[PDB]
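Note that chain A carries the PDB entry numbering, so the residues on display, from first to last, are 30-776. The figures that follow rest on heavy atoms only: side chains count, while hydrogens, waters and symmetry mates do not. All ligand and atom numbering here is 1-based and tracks the order in the structure.
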Amino acid sequence: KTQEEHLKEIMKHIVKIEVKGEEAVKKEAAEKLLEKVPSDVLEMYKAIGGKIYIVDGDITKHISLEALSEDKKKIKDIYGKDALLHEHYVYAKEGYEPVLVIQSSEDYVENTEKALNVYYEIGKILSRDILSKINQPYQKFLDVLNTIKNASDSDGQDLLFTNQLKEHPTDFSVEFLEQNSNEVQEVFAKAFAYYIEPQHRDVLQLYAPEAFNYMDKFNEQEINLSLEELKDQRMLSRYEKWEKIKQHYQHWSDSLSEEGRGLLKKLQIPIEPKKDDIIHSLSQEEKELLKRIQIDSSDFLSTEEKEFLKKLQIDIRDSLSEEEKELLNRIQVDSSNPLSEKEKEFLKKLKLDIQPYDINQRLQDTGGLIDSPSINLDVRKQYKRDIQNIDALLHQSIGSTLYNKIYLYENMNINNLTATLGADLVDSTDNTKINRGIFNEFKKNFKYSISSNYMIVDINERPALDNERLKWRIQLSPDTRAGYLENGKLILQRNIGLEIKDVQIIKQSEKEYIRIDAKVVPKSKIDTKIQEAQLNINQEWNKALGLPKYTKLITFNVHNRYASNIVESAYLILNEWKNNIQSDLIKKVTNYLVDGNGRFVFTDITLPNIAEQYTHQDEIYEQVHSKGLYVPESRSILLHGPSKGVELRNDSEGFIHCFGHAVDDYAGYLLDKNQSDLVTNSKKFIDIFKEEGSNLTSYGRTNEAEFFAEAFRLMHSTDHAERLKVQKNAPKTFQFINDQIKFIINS
Ligand SMILES: CNC(=O)[C@H](Cc1c[nH]c2ccccc12)NC(=O)[C@@H](CC(=O)NO)CC(C)C
Ligand SMILES: [Zn+2]
């Protein structure tokens, strides 16, 4: 009866009968007709100012449809056969003041033909009058249309298509759907009708199963999100929602201190480095070294950082002028492009000091592991104080008596999730369309997400920045804690859990975006999934490599918004790895690793924050962050997913490159089993690098190990051509490596 109530409330509100004889049997008859339509499509019609009129005799003879034009007075039935309006039993008047007219009859229980037509007209209202206001149907329903057209049995077409669509060769492109607006809306109406009229439902499932499934899933679940999105379009609706939430947090807001307000503020605007401070905290000796070191010569500083640094030299220019040029004039050419040890150390210490104070970034980088010793102790503690405090400020949950389900919105840049994919998300030709191919890949294994920092969301959806093609629709839990912001936003507590309920391409303001429907759940529920996954992937590969049953080789250090993908991609990476390297080369090397308690860490927090690396660092500034990294001391391969390595097709290439470094380790172990050195450091190799140390990837031209690793990787790619490349361009190395693989396999 939870449903029953909702009906009459709305029905007697939008539905008005006007008959002759006893209006008890006639009303209860027409009511039996509407009760079969999804409760929500009735409320969406109310929203756009629609009303339903049940009358006797000719329908054209009614107040509303009175001002109707003579021309259109010729509508076709569900089967597309003309029939004049003053002779029909239904009609849905379009326009910005929607009206629905139906003749009185109870035989609808028998005459399924009329009922099917009434629902047809209604479906027409849903697609043409309602959903169009929120750019629907779109790609999803479009896919159904194509599944239906190219399918084997062509009956599904004869059932829902018109000869207009029946003749179109190629699939229906997004553009098609745009210029053929009414056509698509038509199919929707017909599918809706057949699915709603109890008697024709089977015919739909028989000839057009995909269409049945779509309307089935739409009418049961997804219909409510449509209502929600339609409401989001309405002024009074948006401000009524914002006000209840504001009211709910009024006490909390009214008690916020100035200190509190200040904390929330810097959470929104990071503090940038003060050029002044920088210099001062240098050193009488150091300042000397910075006056002319070239920041452009570094390979560990982002241009972003470089630009800033060089602007510090320029600000030291004071006394004894002559110096200025003797330095500018004595360092540029005869000194050259190359490098310098002692001073690069200086730049690595400065990198740390010139990072902006960004609380959210810190949580994201560390996955919430705020004690990570990846930055100087002084700032680490400052971050910990502000964080602990923010956790205490956002204590009140969203649950209220003023409302039930509540959706909050977040616009996001895809690079923040997967840079490697964000490179081709947008269509290169037309920047307003989404590359369907990347879409499917991105969507692939995206089942759950994690928030380790403080998410900032909008109460009502708002337009995104140019580089934000991701639009999240999140259903909060009444348990979720948050803070209210005057500008119509909420700051959510850290360590939230998110299940991905749906992912689809949607149009808005002439551009396409990726709508992500998510539901907030306990972070423990997601973590448990990750942990069961780790257990699974280890049993599986322990068996494939012949390792003791309970060894801990593979580890998931997952804490961010693309969580599920890090886990699932790990399986795929390890596969390209075995199917591209000598099964016996793997075993000896990983066995060696396991002996040293090594690990294969797949993570989404920055590498400087993985213990497998930081616990073996002499100095903090010596840390390294990148796509992949091999650590000899811990004997582990670290792979950071979110990133995009310097032109390396995928994560696999990256993982393999690191395994290369591992080989250079074991092989180097076999030579001087009495010492700890790399076979890549051997003289016999130093020379080869002096000759072929340029015949490969620009990167390989960095140094010994790097060269060996890149060569190794190529020699194992999936594109066999790349294997030959080293063959015909780095012969010396090719052999050296293949000798190395034997010198391990056999020993
Ligand atoms: C964004 N990912 C990248 O392309 C960075 C770039 C980089 C080089 N040196 C650095 C020092 C500090 C921070 C970043 C870098 N490099 C890497 O990931 C390389 C890491 C490596 O050589 N591991 O053994 C693997 C290589 C095949 C891409
Ligand atoms: Zn390397």
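In this complex, the main macromolecule engaging ligand 1, as named in UniProt, is Lethal factor.
Considering GM6001, TAK-659, LY451395, the one found at ligand 1 is GM6001. Heavy atoms within 4.0 Å of GM6001 (ligand 1) belong to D328, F329, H654, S655, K656, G657, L658, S672, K673, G674, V675, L677, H686, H690, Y728, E735. For GM6001 (ligand 1), the UniProt domain of chain A with the most contacting residues is ATLF-like 2. Neighbours of GM6001 (ligand 1) under 4.0 Å (other ligands and ions): ligand 2 (zinc ion).
Entry annotation: the source organism of chain A is Bacillus anthracis. Residues of chain A that UniProt gives as binding Zn(2+) and that have a heavy atom less than 4.0 Å from GM6001 (ligand 1): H686, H690, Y728, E735.
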